[PDB]
Amino acid sequence: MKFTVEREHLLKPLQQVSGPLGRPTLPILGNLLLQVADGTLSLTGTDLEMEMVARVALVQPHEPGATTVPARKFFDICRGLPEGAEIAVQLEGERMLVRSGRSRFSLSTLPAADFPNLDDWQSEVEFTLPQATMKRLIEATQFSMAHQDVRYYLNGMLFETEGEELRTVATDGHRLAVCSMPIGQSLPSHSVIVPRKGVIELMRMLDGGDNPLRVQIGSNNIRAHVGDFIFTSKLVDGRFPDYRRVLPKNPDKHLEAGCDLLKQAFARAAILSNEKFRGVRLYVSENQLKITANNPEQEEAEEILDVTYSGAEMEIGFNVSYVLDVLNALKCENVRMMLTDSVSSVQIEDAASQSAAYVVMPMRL
Amino acid sequence: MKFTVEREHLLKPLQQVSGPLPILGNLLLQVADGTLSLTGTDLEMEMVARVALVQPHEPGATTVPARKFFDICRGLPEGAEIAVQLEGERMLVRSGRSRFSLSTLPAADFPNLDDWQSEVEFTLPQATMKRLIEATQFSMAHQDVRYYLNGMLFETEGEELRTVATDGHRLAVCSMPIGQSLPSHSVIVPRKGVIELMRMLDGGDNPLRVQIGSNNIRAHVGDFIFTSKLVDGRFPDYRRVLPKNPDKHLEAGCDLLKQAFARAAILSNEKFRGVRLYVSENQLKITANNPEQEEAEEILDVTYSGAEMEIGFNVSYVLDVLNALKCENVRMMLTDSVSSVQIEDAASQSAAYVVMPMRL
Ligand SMILES: C[C@H](C(=O)O)c1ccc2c(c1)[nH]c1ccc(Cl)cc12
Ligand SMILES: [Ca+2]
Ligand SMILES: [Cl-]
Ligand SMILES: [Cl-]
Ligand SMILES: [Cl-]
């Protein structure tokens, strides 16, 4: 295996394929697989649950073969060479040599044949969509995923295809986010859970250019192709909660207000909320929202805002971090809150669109 | 105690005094003679900021939680007016229809640095003080048992102010002219003090007044006053640290040398990163290896005079120097494999660096 490649054509691929990898559990999992075949250098990184592959075209002389080498060390070497450096690589059994100018490096190898390899699988649905749509879908919901919950299915994001819609859903059992976007082709009904790190990888591979994303889903795997990057993950083997059953059934009290005005008021009140429980109290009355916070030390914050509200007065408590997370994800002019009573969840949406919806349970407070 | 002031006028003061037990997490607010003073302290140093009060106000003082008060002010909208009124065990803060009640501790409980007397005084541009500290601060010790190294020497000599910092392995010294004849004097400022002083100094052209006592230093710029205790011990004499007669001279591009060190270090021991330098006629070779038997080699074209020699260095020590220099060409002055080396910018003799070698 031999190749020579310009520094900048190797650098972003190395960064991308290292995504799935600080302290590898076993050494080969801290390595990348390098493969030269048919005019292409392929680079692969994996954590045993997902893999990221980059294809790099070779315009300079090369010889086929494969090995694995430490990802961080190889990336750092390539990054540290000067702009435009020509990076020559040659496999020499238990070592891989790297040379550029009068810089020389020898890296320890492990066999390509020992590199873990996600199984082949069969796609059952395939579709294309703009990068921006996938970005919107994930950014709208990712913050509501659980983190290290014993309920493993919640530490992932539901991807659901239905008719001409792709939908993401995330929840940690306290708050839920759901987003639906049209794709312009009719899809079979599929519902799959993508693991935490996989959602991060999908997000990371979106360059923000005009390349479309091609998605394939099977029973136990998902794959996304963007440019010369191919991401594949195993799916989480569980049954996700149904968002339709958690949306409040008849939330007739409707509040409308400016997103940023609400966000900044909640942020200020939060300063004097209980440090652990983060509770704020909302008092809604005719065209007015009062937000109060107090902590065990008896300090107090009060914010009064002009809003549009016609329903009955009520008082309801929320974890202010859950509210702030939603307002931060909406990034819109105006927000609608849909309330029922003091012991029931609130539904929050962009006043302009029902494409995303957020459900937050109240606090006893 | 009552005042009303624009948020804008509080922001910089608040960030400055939030820099240094429970009452130490509070700020002292004092209204007197048409001024609001804000003070923060950690018992070893204090920062005072003053803000003029044109709106009606009433004298008095209290202490409130620093981070809470700062976060409230910062969290209010651009252009906000902030009204404050003391109500016994609470301090009321009002802006528009935002209202806050903070718990207070009495002003009388707020720690004061003992009064002291100035012995040496001079004014210099804050830019000069920044340059002196930036040139040297990275060589201070952190939490050494030799407490006098956990800080920076400030020395006046002739017409110069000099800073010296060392951790026992490497040393930095920088001298700048201040345009007046000074007494010969030296004090050690604690490292946390150095960092707080440095953070008080922005990019402006602004006179800085320094007053040094037996046990304290004070620095005044604009409407900020920083005071710190000094460290009471015997600081090493940099003159005895500088190589006395280096007979080997290496000159190389600063950035080329930096990047070669940085690359080679990738394959050094991760827990203790060093490289070997081999100097010979017109060339520098830098090598590294690790327990996995991985190896790096860098060859540079350099200007060199002297006998061939091999010498090792701690990567971080050399990188810290080259990053501080930010110049075109660097000079290294060597003696032998077991002796310290001096490193300087080829085009400036304002700062010098000494680094002990590392055995590999
Ligand atoms: C503790 C002792 C001292 O004189 O205080 C000390 C302080 C600084 C240094 C040293 C020994 N030995 C050294 C060798 C090299 C350098 Cl750069 C600095 C030092
Ligand atoms: Ca809107
Ligand atoms: Cl190339
Ligand atoms: Cl090579
Ligand atoms: Cl004012």
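Chains are named by letter, beginning with A, in the same order as the sequence lines. Since chain A takes its numbers from the PDB entry, the residues it shows come out as 1-21, 23-366. Heads up, chain B uses the PDB entry numbers, so what you see runs 1-20, 27-366. Only heavy atoms go into these numbers, but all of them, side chains included; no hydrogens, no water, no symmetry mates. Both ligands and their constituent atoms are indexed starting at 1 by order of listing.
The chain sharing the greatest contact count with ligand 1 is, according to the PDB entry, DNA polymerase III subunit beta.
Looking at ligand 1, one finds the drug (S)-carprofen. Those other chains that come under 4.0 Å from (S)-carprofen, heavy atoms only, are B. The shortest separation from a heavy atom of B:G174 to (S)-carprofen is under 4.0 Å, placing the residue in contact.
Checking only distances, B:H175 never comes within under 3.5 Å of (S)-carprofen, N or O to N or O.
The source species given by the entry for chain B is Escherichia coli.
For B:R176, every heavy-atom contact with (S)-carprofen shorter than 4.0 Å involves the backbone, none the side chain. Here B:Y154 has side-chain heavy atoms under 4.0 Å from (S)-carprofen, and that is the only part of it that gets that close.
Close approach to B:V247 involves these atoms of (S)-carprofen, each under 4.0 Å from a residue heavy atom: 16 (C), 17 (Cl). Every atom of (S)-carprofen is numbered from 1 in the order shown, and the set under 4.0 Å from a heavy atom of B:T172 is 18 (C). The set of residues with a heavy atom less than 4.0 Å from (S)-carprofen is B:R152, B:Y154, B:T172, B:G174, B:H175, B:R176, B:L177, B:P242, B:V247, B:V360, B:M362.
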